[PDB]
Trainee: 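This file holds Lethal factor with GM6001 bound.
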Amino acid sequence: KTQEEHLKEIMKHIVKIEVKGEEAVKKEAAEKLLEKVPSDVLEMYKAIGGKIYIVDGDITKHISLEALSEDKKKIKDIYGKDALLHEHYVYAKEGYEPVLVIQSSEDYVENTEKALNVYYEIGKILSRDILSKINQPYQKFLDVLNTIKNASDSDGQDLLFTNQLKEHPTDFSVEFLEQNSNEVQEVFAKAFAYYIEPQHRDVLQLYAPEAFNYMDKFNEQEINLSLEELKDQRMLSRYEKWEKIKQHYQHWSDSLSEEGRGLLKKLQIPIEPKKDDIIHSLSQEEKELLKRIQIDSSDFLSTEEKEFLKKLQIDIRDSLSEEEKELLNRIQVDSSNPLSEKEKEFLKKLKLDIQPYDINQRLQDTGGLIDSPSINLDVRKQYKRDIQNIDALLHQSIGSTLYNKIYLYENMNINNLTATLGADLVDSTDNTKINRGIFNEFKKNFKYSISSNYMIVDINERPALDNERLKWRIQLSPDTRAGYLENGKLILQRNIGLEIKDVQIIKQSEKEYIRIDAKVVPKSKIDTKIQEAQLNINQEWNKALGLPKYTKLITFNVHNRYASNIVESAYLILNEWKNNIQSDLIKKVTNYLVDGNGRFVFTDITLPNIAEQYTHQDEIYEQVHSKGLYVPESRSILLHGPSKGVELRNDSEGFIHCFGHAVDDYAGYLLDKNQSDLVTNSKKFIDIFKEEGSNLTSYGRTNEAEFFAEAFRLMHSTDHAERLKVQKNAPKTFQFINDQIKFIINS
Ligand SMILES: CNC(=O)[C@H](Cc1c[nH]c2ccccc12)NC(=O)[C@@H](CC(=O)NO)CC(C)C
Ligand SMILES: [Zn+2]
């Protein structure tokens, strides 16, 4: 009866009968007709100012449809056969003041033909009058249309298509759907009708199963999100929602201190480095070294950082002028492009000091592991104080008596999730369309997400920045804690859990975006999934490599918004790895690793924050962050997913490159089993690098190990051509490596 109530409330509100004889049997008859339509499509019609009129005799003879034009007075039935309006039993008047007219009859229980037509007209209202206001149907329903057209049995077409669509060769492109607006809306109406009229439902499932499934899933679940999105379009609706939430947090807001307000503020605007401070905290000796070191010569500083640094030299220019040029004039050419040890150390210490104070970034980088010793102790503690405090400020949950389900919105840049994919998300030709191919890949294994920092969301959806093609629709839990912001936003507590309920391409303001429907759940529920996954992937590969049953080789250090993908991609990476390297080369090397308690860490927090690396660092500034990294001391391969390595097709290439470094380790172990050195450091190799140390990837031209690793990787790619490349361009190395693989396999 939870449903029953909702009906009459709305029905007697939008539905008005006007008959002759006893209006008890006639009303209860027409009511039996509407009760079969999804409760929500009735409320969406109310929203756009629609009303339903049940009358006797000719329908054209009614107040509303009175001002109707003579021309259109010729509508076709569900089967597309003309029939004049003053002779029909239904009609849905379009326009910005929607009206629905139906003749009185109870035989609808028998005459399924009329009922099917009434629902047809209604479906027409849903697609043409309602959903169009929120750019629907779109790609999803479009896919159904194509599944239906190219399918084997062509009956599904004869059932829902018109000869207009029946003749179109190629699939229906997004553009098609745009210029053929009414056509698509038509199919929707017909599918809706057949699915709603109890008697024709089977015919739909028989000839057009995909269409049945779509309307089935739409009418049961997804219909409510449509209502929600339609409401989001309405002024009074948006401000009524914002006000209840504001009211709910009024006490909390009214008690916020100035200190509190200040904390929330810097959470929104990071503090940038003060050029002044920088210099001062240098050193009488150091300042000397910075006056002319070239920041452009570094390979560990982002241009972003470089630009800033060089602007510090320029600000030291004071006394004894002559110096200025003797330095500018004595360092540029005869000194050259190359490098310098002692001073690069200086730049690595400065990198740390010139990072902006960004609380959210810190949580994201560390996955919430705020004690990570990846930055100087002084700032680490400052971050910990502000964080602990923010956790205490956002204590009140969203649950209220003023409302039930509540959706909050977040616009996001895809690079923040997967840079490697964000490179081709947008269509290169037309920047307003989404590359369907990347879409499917991105969507692939995206089942759950994690928030380790403080998410900032909008109460009502708002337009995104140019580089934000991701639009999240999140259903909060009444348990979720948050803070209210005057500008119509909420700051959510850290360590939230998110299940991905749906992912689809949607149009808005002439551009396409990726709508992500998510539901907030306990972070423990997601973590448990990750942990069961780790257990699974280890049993599986322990068996494939012949390792003791309970060894801990593979580890998931997952804490961010693309969580599920890090886990699932790990399986795929390890596969390209075995199917591209000598099964016996793997075993000896990983066995060696396991002996040293090594690990294969797949993570989404920055590498400087993985213990497998930081616990073996002499100095903090010596840390390294990148796509992949091999650590000899811990004997582990670290792979950071979110990133995009310097032109390396995928994560696999990256993982393999690191395994290369591992080989250079074991092989180097076999030579001087009495010492700890790399076979890549051997003289016999130093020379080869002096000759072929340029015949490969620009990167390989960095140094010994790097060269060996890149060569190794190529020699194992999936594109066999790349294997030959080293063959015909780095012969010396090719052999050296293949000798190395034997010198391990056999020993
Ligand atoms: C964004 N990912 C990248 O392309 C960075 C770039 C980089 C080089 N040196 C650095 C020092 C500090 C921070 C970043 C870098 N490099 C890497 O990931 C390389 C890491 C490596 O050589 N591991 O053994 C693997 C290589 C095949 C891409
Ligand atoms: Zn390397």
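Going by the PDB entry, the residues shown for chain A are 30-776, listed in order. Every number for a ligand or one of its atoms is a count from 1 in the order of the listing.
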Trainee: So, about GM6001 - where is that in the structure, copies and all?
Mentor: ligand 1
Trainee: Which UniProt domain would you name for the part of chain A holding most residues in contact with GM6001?
Mentor: ATLF-like 2
Trainee: If you take the residues UniProt annotates as binding Zn(2+) in chain A, which of them have a heavy atom under 4.0 Å from GM6001?
Mentor: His686, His690, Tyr728, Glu735
Trainee: Identify the covalent link of GM6001 to a chain by residue and atom.
Mentor: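 The model places no covalent bond.
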Trainee: Which other ligands or ions, listed by number and name, are under 4.0 Å from GM6001?
Mentor: ligand 2 (zinc ion)
Trainee: What would you say the binding site of GM6001 is, if we count heavy atoms under 4.0 Å?
Mentor: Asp328, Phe329, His654, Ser655, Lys656, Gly657, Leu658, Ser672, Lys673, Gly674, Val675, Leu677, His686, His690, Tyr728, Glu735
